Amino acid sequence: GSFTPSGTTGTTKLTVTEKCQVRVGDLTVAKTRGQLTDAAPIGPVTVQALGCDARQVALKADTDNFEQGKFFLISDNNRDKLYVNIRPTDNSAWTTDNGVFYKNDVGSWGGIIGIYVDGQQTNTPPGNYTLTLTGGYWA
Amino acid sequence: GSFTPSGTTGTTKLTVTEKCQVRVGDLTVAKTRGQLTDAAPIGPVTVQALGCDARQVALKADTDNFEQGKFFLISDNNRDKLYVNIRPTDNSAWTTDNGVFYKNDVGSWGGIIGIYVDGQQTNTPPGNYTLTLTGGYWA
Amino acid sequence: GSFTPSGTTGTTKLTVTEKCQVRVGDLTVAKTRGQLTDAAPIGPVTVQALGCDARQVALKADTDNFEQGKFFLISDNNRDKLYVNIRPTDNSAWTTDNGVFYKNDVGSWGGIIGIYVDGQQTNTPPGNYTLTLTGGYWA
Ligand SMILES: O=C(O)CCC(=O)OC[C@@H](NC(=O)C(Cl)Cl)[C@H](O)c1ccc([N+](=O)[O-])cc1
Ligand SMILES: O=C(O)CCC(=O)OC[C@@H](NC(=O)C(Cl)Cl)[C@H](O)c1ccc([N+](=O)[O-])cc1
Ligand SMILES: O=C(O)CCC(=O)OC[C@@H](NC(=O)C(Cl)Cl)[C@H](O)c1ccc([N+](=O)[O-])cc1
C-alpha cells in the first residue's frame, strides 16, 4: 500500500463568489456559492499513463487537500474546504487510500477524472480554491 | 464604506529594463525606463460583472499596491513602486477609497479599466512590477 | 566583469519520472530518467536583444541554478540537481562566468539557446526541475 510519484501535476482551480460576481482579467472557472449544489461538476482532469502495463495508475492529492478518507479543494489561506468526490467518467474501478486515488487493475490507463461537489455547500466562503493531483503508481 | 470580495483576480505585469533590453522566453509586457513617461499605457484590465444590478462594482488592489490614496505596481522584492492611475476607458464615474476603486452607480457593469503611468518615472529601477486587482462590490 | 539585469526571464521546466509515467492535466515537458542521456535536449530558450549595439548580451542563472562554473536545473525542494550545458544553436562565441552566460562580441543578438543534459544522469530522482535565466548585459 504505497504511492510512488511518477508523472506530472494537474491543478483544479475554482473561484467561489457571491451572486454579485465581478470577473477581472482572463476567463477562469468561477461559480457563485449558490451553484455549489450536490454533485455539481467543478472540472475534468485528464490522465494519460504510459509504460504502466504492470502497475496500477494512481493520483495523489497534496497534503492540504485530504483528511479522513475525504478530498477537498482548499482556499488560498488554507482555512476553508470544499469537499469533493473524484470519479473517472468511464466505468473503471478505483480505490481511495489516505489521499491516494488508485486504479484497481494494472495498465496504462488514459481517461478523464471528474471533480464534483460532495454535498451541497452553498455557504462556502467566497475565495480561490485549489485541488492538486500528482500522477504516479500504487502497490 | 466597505468592500466585499466577490469575483476573480486580474494581474497587471510589467518588466522595466534599460535601453539595452534582453527578452528571454515568451513575449511579455516590457518597457525601457525611458518609456515610463506620464500617462503611458501599461495595459488594459477587463471587467465583467454579473448579478450586480443592485450593487456598486468594485476592484480592490492588493495591500502592497496602495498607500495614501495612491496606486502603484510593486517590484518582486516589494521595494520599488511605479505609481499609476486607474481609469475606465468609457465615461463612467468611479471613486477611490483606501485601495478600492468603485463605481459611483449600481449595475452589472462590463468595461475596460486602463492602467497608466502617473507622472514621468523614467528613473524606475529595472525589475518585474505587478499590480493585483480583485473584483467585488462596495457599499 | 559584471552582469546588469535588463530584460525578461525565461524558465525551463522539466518533470522527470520513472518508466511508468502518469501525465495529469495539460501537456508539459516530461522525460523518464532513462531519457536523461548525455546531450539529450531539454528545450530551447529564445533570446531577442534590442538596443544592445554597444553591449554584450548576457543571461544570468538564478542563484540556485549554478555553482563552480556549472549550471543545473534544480528540483522543487532545492535538493536535487540536473547538470546541463547551455549552448547557442548558431556558431556564436559565448563565455561562462559565475552563473552568467555572456556573448563575446557586442550587438543586439537574437537566437536560440539550447539546454542539454550534461553527462548521463539516468538516476535522477523523479520530480519537477527548473532552470531560470534572466536577460541583461555583461562588461
Ligand atoms: O468543466 C468545468 O469547468 C465545470 C464542469 C463542467 O464542465 O460541467 C459538465 C462537464 N463535466 C465535467 O466537468 C466533469 Cl467534472 Cl468531468 C462536461 O460534461 C465535460 C467537460 C469536459 C469533458 N472532457 O474534457 O472530456 C467532458 C465533459
Ligand atoms: O496594452 C498594453 O500592453 C500597453 C498599453 C497599450 O496597449 O497601449 C495603448 C492601448 N491602451 C491600453 O493599454 C490602455 Cl492602458 Cl486600456 C490600446 O489603445 C488598447 C489595448 C487594448 C484595448 N482593449 O482590450 O480594449 C483597448 C485599447
Ligand atoms: O524542446 C524540447 O521540449 C525538448 C528538446 C527537443 O525539442 O529536441 C530537439 C530540439 N532541440 C532543442 O530543444 C534544443 Cl535544446 Cl534547442 C529541436 O531540434 C528544436 C526545437 C525547437 C527549436 N526552435 O524553437 O528553434 C529548434 C530545434
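Naming: A, B, ... by sequence-line order, numbering from 1 per chain. What you see below is based on every heavy atom in this structure, not just the backbone, and it leaves out hydrogens, waters and symmetry mates. Atoms within a ligand are numbered from 1 in the order they appear, just like the ligands themselves. Determined via X-ray crystallography, 1.9 Å.
- The name the PDB entry gives to the main binding partner of ligand 2 in this structure is DR hemagglutinin structural subunit.
- Of the listed drugs (axitinib, ambrisentan, chloramphenicol succinate), the one at ligand 2 is chloramphenicol succinate.
- Other chains near chloramphenicol succinate (ligand 2) (heavy atoms under 4.0 Å), by letter: B.
- Taking a distance limit of 4.0 Å, we find that atom 7 (O) of chloramphenicol succinate (ligand 2) is approached by no protein heavy atom.
- Ranking protein heavy atoms by distance to atom 11 (N) of chloramphenicol succinate (ligand 2), first place goes to B:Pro41 CB, 4.1 Å.
- At a heavy-atom cutoff of 4.0 Å, chloramphenicol succinate (ligand 2) is contacted by the backbone of B:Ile42 but not by its side chain.
- Nearest-heavy-atom check against atom 13 (O) of chloramphenicol succinate (ligand 2) across B:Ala30, B:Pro44, B:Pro88, B:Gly111 picks out B:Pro44.
- Under the 4.0 angstrom criterion, atom 27 (C) of chloramphenicol succinate (ligand 2) counts as lacking any protein heavy-atom contact.
- Shown here, atom 4 (C) of chloramphenicol succinate (ligand 2) is in close reach of the protein: a heavy atom of it lies under 4.0 Å off.
- In the entry, the organism recorded for chain B is Escherichia coli.
- Using a 4.0 Å heavy-atom cut-off, the binding site of chloramphenicol succinate (ligand 2) is formed by B:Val29, B:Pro41, B:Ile42, B:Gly43, B:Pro44, B:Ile112, B:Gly114, B:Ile115, B:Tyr116.
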